[PDB]
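Check out this one - tazobactam (bound form) stuck to Beta-lactamase SHV-1.
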Amino acid sequence: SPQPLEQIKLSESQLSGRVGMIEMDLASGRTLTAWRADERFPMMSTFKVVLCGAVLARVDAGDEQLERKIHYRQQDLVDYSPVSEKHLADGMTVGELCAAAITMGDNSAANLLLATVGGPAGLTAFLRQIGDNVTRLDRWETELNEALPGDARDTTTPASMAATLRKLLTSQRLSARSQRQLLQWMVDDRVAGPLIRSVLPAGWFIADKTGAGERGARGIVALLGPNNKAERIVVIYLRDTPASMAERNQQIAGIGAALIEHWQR
Ligand SMILES: OC[C@H]1O[C@H](O[C@H]2[C@H](O)[C@@H](O)[C@H](OCCCCCCC3CCCCC3)O[C@@H]2CO)[C@H](O)[C@@H](O)[C@@H]1O
Ligand SMILES: *C(=O)/C=C\N[C@@H](C(=O)O)[C@](C)(Cn1ccnn1)[SH](=O)=O
């Protein structure tokens, strides 16, 4: 494979869409690769990691418990709720909801959690409170995945998202236990995690949260690194491409391949 930046470019050429990407050292925040890092991209499902970071902040403050069981109704369900639809009789704990939202892509679980943090406005306020002055959530699932051209709603920038994820996972804004919990949820992704490992060379660590939207919107926020260590944060977003899901998946994987083949930078 070619150099990371050259592959990113090749991907835009092949997809006819915009690619946004940041490769950052998790421990220090050193930015290695940055492409359209300050441009807006729909967060799609990747917003759920930030969402649960806000939930954990409430837990740390004593205003929430991961054990707290929430009982909801069928009318509360939205499109795609593989886990939540199975618990209309017994409910789900806040912690279970975060696991379902992040590891299983459960949309209703996400909306329930979003309500606990003050909705889209509440999560955005949380982002502002941790120093992210760019990322914004405006809608709920599943409308937040609309990805209309030129629409600033429900967007982030590669640079903002990488910085925010790093803050949540390592800046000690969240308690030690909470940082560990957020990390384990990403490690436990059941949607793309297993597939990625199946194609990663031996020795490479992966933790992630992926997302998809309309007009070819696609994205992934991940932790990657050799020697089984979460060495770097890698954020990749795609938008405005008419390509098949398969090809969009292939292009993102291709960027990953370039990073893997040219890691020491
Ligand atoms: O010399 C480097 C490596 O080259 C290949 O590894 C290939 C692998 O066979 C392929 O499956 C993967 O595609 C990428 C697989 C992962 C896709 C998702 C990666 C994510 C990570 C998080 C951010 C977005 C990308 O590329 C690598 C690098 O060429 C060899 O098979 C392996 O023996 C060797 O160690
Ligand atoms: C967030 O994850 C956005 C989309 N996820 C879908 C996808 O990746 O294509 C899923 C198939 C879940 N979804 C309507 C989302 N109808 N199913 S999954 O792979 O997360």
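One-based numbering along the sequence shown. Going by what the header records, the deposited coordinates were determined by X-ray crystallography, 1.8 Å. Excluded from the calculations below are hydrogen atoms, water molecules and symmetry mates; all remaining heavy atoms, backbone and side chain alike, are included. Both ligands and their constituent atoms are indexed starting at 1 by order of listing.
- All instances of tazobactam (bound form) are found at ligand 2.
- Neighbouring residues of tazobactam (bound form) under 4.0 Å (non-hydrogen atoms) are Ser45, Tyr80, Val191, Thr210, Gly211, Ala212, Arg218, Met245.
- Taking a cut-off of under 4.0 Å to the non-hydrogen atoms of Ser45, the atoms of tazobactam (bound form) that pass are 1 (C), 2 (O), 3 (C), 4 (C).
- Each of the atoms 1 (C), 2 (O) of tazobactam (bound form) lies under 4.0 Å from some heavy atom of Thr210.
- Taking every non-hydrogen atom of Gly211 and a distance limit under 4.0 Å, the qualifying atoms of tazobactam (bound form) come out as 1 (C), 2 (O), 3 (C).
- Residue-to-ligand polar distances keep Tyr80 apart from tazobactam (bound form): every N/O pair is separated by 3.5 Å or more.
- Counting only heavy atoms of the protein, atom 7 (C) of tazobactam (bound form) lies nearest to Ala212 CB, 4.1 Å.
- According to the entry, the covalent attachment of tazobactam (bound form) involves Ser45 OG.
- The closest approach between tazobactam (bound form) and any UniProt active-site residue of chain A, by heavy atoms to 1 Å, is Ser45, 1 Å.
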Nitrogen or oxygen contacts under 3.5 Å, tazobactam (bound form) side and protein side:
{"unit_1": "tazobactam (bound form)", "atom_1": "2 (O)", "unit_2": "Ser45", "atom_2": "OG", "d": "2.2"}
{"unit_1": "tazobactam (bound form)", "atom_1": "2 (O)", "unit_2": "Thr210", "atom_2": "O", "d": "3.4"}

